[PDB]
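Shown next, in structure tokens, is the structure this report addresses.
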Amino acid sequence: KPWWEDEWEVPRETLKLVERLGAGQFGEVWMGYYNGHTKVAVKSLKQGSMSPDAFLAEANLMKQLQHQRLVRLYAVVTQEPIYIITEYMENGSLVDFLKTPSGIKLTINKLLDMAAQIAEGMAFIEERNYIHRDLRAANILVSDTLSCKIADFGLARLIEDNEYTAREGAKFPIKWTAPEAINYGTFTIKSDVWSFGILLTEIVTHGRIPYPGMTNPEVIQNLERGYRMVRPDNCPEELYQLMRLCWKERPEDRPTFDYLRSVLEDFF
Ligand SMILES: Cc1ccc(NC(=O)c2ccc(CN3CCN(C)CC3)cc2)cc1Nc1nccc(-c2cccnc2)n1
């Protein structure tokens, strides 16, 4: 099928990829320019590491799950080497942006609005009957207008295994993962709600790492004891209490992203 019949497919020629943001054991991620006028992020598949159709499976969801609060698919190149292209965000990821001087200037009101947007897109993902699995500030992109786009960069499969590790379990961010996911490998949307609560502490603490003063092993040990993160300084007790709802022990007792979105929106 001709590429101009499609809304996504573009001739590889339209792409001048310039910098290698991050390569792994399934392909690289470059920054480059589409027809010279737009800068874009380009995910490429390396041959052999996986099915061409398995790579495209992602691109395909992105077509189907378009939404203002999701990172929007920009273009795709199907032939090998395969590219998935989105647009580049000069503000970067939420966790990065928060630590910038302009990020640190953000008001609690603006922070809460971004949280609301993140909840909003998660609510859409829930509504479309998917989950995220790695919902945290590192997979959130900040737009030019300072709104938040939910991304999934495949952060986990992006790290190369070393001589010292041989886990054949699951891969997940210890400090963001609900205990039922840690213990029983059961990841659900309610599992993402947990992550969202931890994400909230990142938002309200300039992108600070969760569970300050605890190693990932320590974190898991304390989770077994029912331990919950301490309310970040200056973080409003009400917001914290909202976090505590995201960290209910039983996943079904945790709010929905709709409720989260709602509470967040009319918070002030
Ligand atoms: C180049 C690319 C290719 C694919 C994607 N895809 C996604 O971001 C994504 C988002 C949501 C889902 C939904 N998914 C449903 C299933 N569950 C299990 C997970 C979530 C899937 C993929 C993004 C990008 N964009 C991207 N990638 C890496 C870095 C950047 C980037 C851009 C600007 C500034 N800095 C970094 N941008």
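What you see of chain A is 231-498, where the numbers are those given in the PDB entry. Atoms within each ligand, like the ligands themselves, are counted from 1 in listed order.
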message = I keep forgetting: which drug shows up at ligand 1?
response = imatinib
ask   = Which partner chain accounts for the most atom contacts with imatinib (ligand 1), named as in UniProt?
value = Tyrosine-protein kinase Lck
message = Mind checking which UniProt domain of chain A carries most of the contacts with imatinib (ligand 1)?
response = Protein kinase
query = For chain A, which UniProt ATP-binding residues keep a heavy atom less than 4.0 Å from imatinib (ligand 1)?
reply = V259, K273
task = Provide the nearest UniProt active-site residue in chain A relative to imatinib (ligand 1) and the minimal non-hydrogen distance to 1 Å.
result = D364, 6 Å
request  = State the binding site of imatinib (ligand 1) (non-hydrogen atoms, cut-off 4.0 Å).
outcome  = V259, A271, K273, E288, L291, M292, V301, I314, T316, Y318, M319, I361, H362, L371, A381, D382, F383
